[PDB]
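Structure of peramivir in complex with Neuraminidase.
Chains: lettered A, B, ... by order of sequence lines. In chain A, numbers come from the PDB entry; the residues present are 78-466, in order. Chain B is numbered as in the PDB entry; the shown residues are, in order, 78-466. Chain C is numbered as in the PDB entry; the shown residues are, in order, 78-466. Chain D is numbered as in the PDB entry, which gives 78-466 for the residues shown. We count ligands from 1, going down the list as the structure has it; atoms in each ligand are counted the same way.
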Number of protein chains: 4
Amino acid sequence: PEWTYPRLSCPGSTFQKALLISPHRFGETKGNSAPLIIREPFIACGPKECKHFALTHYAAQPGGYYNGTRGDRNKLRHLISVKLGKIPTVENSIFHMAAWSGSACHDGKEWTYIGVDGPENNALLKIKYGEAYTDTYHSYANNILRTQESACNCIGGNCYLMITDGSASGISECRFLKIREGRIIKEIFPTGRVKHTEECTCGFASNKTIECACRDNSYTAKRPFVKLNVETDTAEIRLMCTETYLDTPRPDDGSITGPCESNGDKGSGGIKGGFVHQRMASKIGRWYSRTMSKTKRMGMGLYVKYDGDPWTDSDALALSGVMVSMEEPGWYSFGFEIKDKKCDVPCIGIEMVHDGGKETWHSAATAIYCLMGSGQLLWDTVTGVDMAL
Amino acid sequence: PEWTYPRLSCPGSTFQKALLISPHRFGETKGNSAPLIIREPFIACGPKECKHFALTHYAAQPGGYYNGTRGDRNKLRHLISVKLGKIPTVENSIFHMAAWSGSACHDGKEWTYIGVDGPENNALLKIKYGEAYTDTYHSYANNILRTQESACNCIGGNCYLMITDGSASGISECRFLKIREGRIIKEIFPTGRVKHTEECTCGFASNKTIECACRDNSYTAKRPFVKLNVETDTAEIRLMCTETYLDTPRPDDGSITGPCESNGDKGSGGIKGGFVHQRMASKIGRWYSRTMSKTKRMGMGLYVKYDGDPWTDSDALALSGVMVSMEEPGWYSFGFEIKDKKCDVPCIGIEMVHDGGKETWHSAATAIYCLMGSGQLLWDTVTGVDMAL
Amino acid sequence: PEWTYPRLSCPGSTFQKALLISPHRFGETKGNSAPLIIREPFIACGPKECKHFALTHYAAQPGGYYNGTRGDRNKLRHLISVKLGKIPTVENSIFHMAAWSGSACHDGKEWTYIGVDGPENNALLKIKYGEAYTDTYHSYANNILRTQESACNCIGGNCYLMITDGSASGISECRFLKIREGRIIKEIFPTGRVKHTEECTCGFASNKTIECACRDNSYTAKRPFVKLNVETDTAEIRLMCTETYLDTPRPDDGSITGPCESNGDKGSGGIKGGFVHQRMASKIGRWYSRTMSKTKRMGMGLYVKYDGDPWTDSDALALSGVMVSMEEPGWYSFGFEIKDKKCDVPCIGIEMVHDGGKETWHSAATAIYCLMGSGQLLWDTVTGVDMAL
Amino acid sequence: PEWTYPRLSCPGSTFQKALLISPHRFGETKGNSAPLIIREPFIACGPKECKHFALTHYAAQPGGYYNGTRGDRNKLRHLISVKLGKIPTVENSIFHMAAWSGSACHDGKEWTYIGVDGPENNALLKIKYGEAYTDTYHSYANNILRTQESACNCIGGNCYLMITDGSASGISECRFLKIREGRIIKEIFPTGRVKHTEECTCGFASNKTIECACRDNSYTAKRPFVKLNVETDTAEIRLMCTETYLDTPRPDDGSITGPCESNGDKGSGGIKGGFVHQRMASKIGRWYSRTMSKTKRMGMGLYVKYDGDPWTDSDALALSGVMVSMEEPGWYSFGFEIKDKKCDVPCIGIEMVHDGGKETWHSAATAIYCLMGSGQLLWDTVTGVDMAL
Ligand SMILES: CCC(CC)[C@H](NC(C)=O)[C@@H]1[C@H](O)[C@@H](C(=O)O)C[C@H]1NC(=N)N
Ligand SMILES: CCC(CC)[C@H](NC(C)=O)[C@@H]1[C@H](O)[C@@H](C(=O)O)C[C@H]1NC(=N)N
Ligand SMILES: CCC(CC)[C@H](NC(C)=O)[C@@H]1[C@H](O)[C@@H](C(=O)O)C[C@H]1NC(=N)N
Ligand SMILES: CCC(CC)[C@H](NC(C)=O)[C@@H]1[C@H](O)[C@@H](C(=O)O)C[C@H]1NC(=N)N
Ligand SMILES: *[C@@H]1O[C@H](CO)[C@@H](O)[C@H](O)[C@H]1NC(C)=O
Ligand SMILES: *[C@@H]1O[C@H](CO)[C@@H](O)[C@H](O)[C@H]1NC(C)=O
Ligand SMILES: *[C@@H]1O[C@H](CO)[C@@H](O)[C@H](O)[C@H]1NC(C)=O
Ligand SMILES: *[C@@H]1O[C@H](CO)[C@@H](O)[C@H](O)[C@H]1NC(C)=O
Ligand SMILES: [Ca+2]
Ligand SMILES: [Ca+2]
Ligand SMILES: [Ca+2]
Ligand SMILES: [Ca+2]
Ligand SMILES: [Y+3]
């Protein structure tokens, strides 16, 4: 086998509903299954297989370890996976490493797995290549060293990963690691609007550029937007200019006054956002998702824009379809690409969290939408799960 | 590996009982298993593996999602599979795509998976090649776009698939899609008796011709019969002329007066029917199955006729044996072929539904009969399942 | 790959305890497993894998299908397997075909599976090669056509199988089938003491000869003994002359007066018996097993004799060790050979039935003994199962 | 494939927390899983896979066979394994052989499995290569013949294994077996301090030498230390001279007066200890672990020393980090190495026993620490398990 590279996307002009992974449809008291309790799911694909990753709390439904499953970080949390299409139960899953923050990617020869754990003030990112633990990176701002909760991206054997460190309420200046065969060979320090960047959802816009739509959890409801040049290994960050603000919470569309760079209102709090590239011969599409509600983690709409510069274009994003109605939960969302025989298929996945508060279990389903055929997006996704059962 | 083609059937002159997949033998309250709730099962084989497909309601027995499992279409419904011989439980199965109507087939190099979902008045057929979503086809009569519920058929890398759209009570004019490596490369519009055609059970009569025995759900208890020329890509449809009417409901054998084309009575309602080819050097056998009861979905008898033209032959089909007694359920039935080292083995499968009404669960066992050796068919199949447990 | 042949056995002069498969250690009300209800287990090995087969009643423990699990034949009974070392549960097992009498063997390229079902007066043997059903054999005495309940034996791609038909109380004259790539290419009619032969436990004494230790269920507690010449395809049967009578029930050792051919007393009833070959350069060992009790299916001792002719040798078999104490159940026993890199390892397996009558479940564990190292046999086997749980 | 040899360790200067296998997180009454009840876990890796071994009592939680799970040897005990990362449940595991003492190792081509069973006064070590049972070794002091409870060590196809036999309270003079493709080709009798040696944790210090840190269960809290020359096949044993005594129980560090060879106090009782090598170009690191408590099986600290001779160096071992706090259980510990593409990764594993006395179940989790990156060891491990559930 050989190193992989991004290719032209497969033909298409609309996303459709592809596949639901709702493990908790089998978690009843009256049933006989063991779906794992998770959050922060995401998908990453190699040349033959797509794997479905998540961060488990090392407990199952039904069970007696529900207390603490709404928490973010503890000493039991682990990165797990199954082959996409399999239900992530106790027996089906594989446990990769301890982690309360994760990522993964295939370089064409082998899987790289990324997981952060350790204490608040001095967390530690850990890298695993196939079966071997190979390297680490240390906390540099001593406040919850952190990573993407989605697929890293490899080209020509060089995989690029976003990390961040700092206060969830204040400054969190992100970096990028460049990783080869499980080992870190360069640190990349972005320039520009670097005040606060988290949980970048990243992909290839071409053989030369990686772009990421990220989260600012303090200052703005506009998404920070990264452009990484992989030939010179330099990165730059500015806010997205569109009036279709992609974060949650957010104010009404277009109501932030000033030029592209203004923050301005309802900027504290946030959500991880979906983002994927459609690469055509002489054109590029950018697909994004955002909650249906402006304040709450409910619903998910798909949006799209062809060409232009997301840093300077104030034009509204075209609303493509409703993937999750307002009456269903829409939490984190992410992008990934499936590898067809001669082309790549852009997809958006959506974490659909079963939230009933800290007094019962806390987990999530995963809905998948991909570019397929022509026309308009046709159907939405429900989890089907009743949390009383 | 290479493209596959239909070959000469293996030696034999009778079918026998081969294998039972009864997953609900393990769904007791007192047991510890998780068989999936399903309907519309079917089998499709490649050069090394046979896969057992079905449409699940994304629920398991025992469990608490029984409400709605008698319904036909919803947002949870999925195409799933196991390796034939494995019990399709939560953990054993793989989820391919969302769908409330399906099909699948191997072309010699890779699996093609077909699934239709979306709303009543604008459903959408979706195609997946290996792991990649690759193409779609749109509803053309805006009333439940629909497919075979059985194996498509691939020759020289070209796979052929029946679809239909229209009123289940009126006109539903079917088409055929020609699919290559996951993408549609021709639409085929049949000529002749096209008034109403559904759920074609299709196979190769030779390297030149695919034939299908289908369902008219409005007009007649004679099965519509398709002949598709795969060299010119043309298709023709006329009613089966035999006095052994294969649908359910149906009137007494031979009691429809007039020539081969007459409808005539008890034509509204219907069932998907089994049909498979036995290809010999200078002879062709056509095997078919039909319920034992004329009105009800009870029992299944196997029938056979050698040579002739099913469009013009009014001769009765030879009753070969009882596969399911009048006291066991006989719902959908289908054909498929297993690939031995140098020849193909024709088989008929039978969906045996556990029906207790809308107030409890609704699923199915699957019984398999295949051509093996000489003599007469010897034993019937029971599910063994008591629905109270 | 290539056709396999028997080779010289690996070095050793004693059997030891190898491995226990006790699936019912996990069938408590208070546990969360699904071991399959079975009887008639046996083991067969190819060049890379050993499979553990059994005849299931298509029910599990705990469950609500216990009624009928003491019965011998019904419509739900199936040949199943797992890779030796795995617990045969609902999910772990694979269902090969319907059968209430079975056998299997690998020819070096592929697995042949054998299963009989059908009605009492007209049962039917069925053959499957890999995934394909390929041939049948018909009942010839119209009274429970029947097979080995252990491994067939393949040489140079030709596999040899014992069958029988007739009254369990009267005449049952056995035959042998010669099978090649799933198809029957010769019937072999044995000569000599053919009055009554069942459930032969067969193996290679060399590239030229297969020998089998069988069961006479009517006339005698001496085991019938088959010598099949595989070059000329001829078979002969005489009673075993040893005073160490291998059947159950049996009279005291040596107490049957007359020459080698006398029946004489306590001959009605019987059991399947273990038997395997140890092939050395200029010597041959014959290993056998028999219950510890003379009347009852309790215990199992291992016995051995080097060279001679089992038809004419009245010398006592040397008692090698106790594999199952008198306080543990000892039902069917069988032989098989494991394939090490350059030599074959003889083994004896023992069905260890959990019998509590017709009012509760009925299944079995499987204990395995193999030739390994030097000295004497050291330890016995218990199932560990309490049937009340 | 080819024979494997030890290589240079991967780059790094500190261990970190890698992975937790806590199967009993899923053993609640309220849950639906079946983790196996085990003790004496260990890990061993080949060129593509790491397998997680243990000795089971052939019982699961929840279940009704808890009585006897605190015992050390019985007739049900078995060597089992899963792929490292999988939860060892009933279905996931594979049963290798009957054993109440074990070991295993890969030689580059195939897996060797070692298991001891049999009675107290005449136990028997059994060897299995891939699927075949191949050899045995007999008890030589007639008191619980015994082995490592950790990975054996293979070079150029020759695998080396420690065994012992004798009184747990008196003399137990260990030997080493040299094993090739499943068969013993040399016995090696160590010279020097041979009074009492058990459960050696062994690894390669180079292509020439194997070193083992072992357990004296009678005489001393200093660990006996073995040096095996694999070119001459000779072995020597002397006590570790360090003032950082690695056994439990043990007296205060440094308080055993006299030269390197003195016993002296609190020597009766003991524990199996972690030990692994870090092989660099011109330097060697020795990593070790020991309980946090001096008297009890609580906690586990990691210690390190570079170069010197452990037989004569009285210098204190450098304390590297706390792997398990004093409030968590710290039982057996062991070394292994994962194979990266071009270098080997040293790791320590820790058995973390759920002990609630003889009146309830007795089993263990497994925590894994590996050499990765630079800095200091950052986080500890908890099992998460409440034994009341
Ligand atoms: C405090 C920093 C947060 C990111 C802005 C926080 N991430 C971590 C690593 O703790 C996320 C946030 O608190 C939760 C959310 O917003 O859903 C998930 C949570 N993410 C994870 N538990 N992996
Ligand atoms: C309304 C059109 C019907 C076919 C004639 C209908 N098909 C769909 C796609 O809904 C079938 C029919 O109503 C049910 C049956 O007859 O068993 C099954 C049902 N089939 C499926 N649920 N796939
Ligand atoms: C009546 C003929 C018997 C052989 C002598 C009988 N075999 C069959 C196929 O029914 C066996 C016998 O009755 C039972 C036993 O002896 O344990 C098992 C039983 N064997 C199986 N159920 N496969
Ligand atoms: C009597 C000899 C002991 C070794 C010093 C004893 N070993 C055996 C093989 O029984 C160990 C010891 O008693 C128990 C322990 O210390 O944890 C485990 C126990 N080890 C195992 N059950 N494998
Ligand atoms: C990127 O590079 C490789 C050649 O190195 C090429 O085959 C591929 O088509 C390129 N990708 C795109 C999107 O053009
Ligand atoms: C169909 O075509 C191929 C050659 O292209 C041939 O090998 C095969 O035998 C043909 N099928 C039949 C049924 O004759
Ligand atoms: C049987 O035949 C093959 C050669 O055809 C040979 O390799 C093998 O050693 C022979 N078996 C015995 C037991 O001698
Ligand atoms: C040991 O031997 C092989 C060559 O036989 C070599 O490739 C390897 O590097 C050696 N190991 C060490 C630790 O130097
Ligand atoms: Ca924000
Ligand atoms: Ca009709
Ligand atoms: Ca008898
Ligand atoms: Ca000690
Ligand atoms: Y399972």
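The structure holds peramivir at ligands 1, 2, 3 and 4. At a heavy-atom cut-off of 4.0 Å, the other chains in contact with peramivir (ligand 2) are listed as B. Proximity to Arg116(B) (heavy-atom distance under 4.0 Å) selects the following atoms of peramivir (ligand 2): 15 (C), 17 (O), 18 (C). Near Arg223(B), meaning under 4.0 Å from any of its heavy atoms, are these atoms of peramivir (ligand 2): 2 (C), 9 (C). At least one N/O-N/O distance between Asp149(B) and peramivir (ligand 2) falls below 3.5 Å. When heavy-atom distances to peramivir (ligand 2) are checked against a 4.0 Å cut-off, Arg150(B) comes that close only through its side chain, counted from C-beta outward.
Some N or O of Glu226(B) is nearer than 3.5 Å to an N or O of peramivir (ligand 2), by distance alone. Close approach of peramivir (ligand 2) to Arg374(B) (heavy-atom distance below 4.0 Å) involves ligand atoms 15 (C), 16 (O), 17 (O). With a 4.0 Å cut-off on non-hydrogen atoms, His273(B) does not touch peramivir (ligand 2) at all. The proximity of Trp408(B) to peramivir (ligand 2), defined as any non-hydrogen pair under 4.0 Å, does not occur for either the backbone or the side chain. Residue contacts with peramivir (ligand 2) leave out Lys349(B), since none of its heavy atoms falls under 4.0 Å from the ligand. Residue-ligand proximity, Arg154(B) to peramivir (ligand 2), at heavy-atom distances under 4.0 Å covers atoms 22 (N).
Proximity to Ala245(B) (heavy-atom distance under 4.0 Å) selects the following atoms of peramivir (ligand 2): 1 (C). Counting heavy atoms within 4.0 Å, the binding site of peramivir (ligand 2) comprises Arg116(B), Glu117(B), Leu132(B), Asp149(B), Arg150(B), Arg154(B), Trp177(B), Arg223(B), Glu226(B), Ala245(B), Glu275(B), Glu276(B), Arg292(B), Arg374(B), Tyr409(B).
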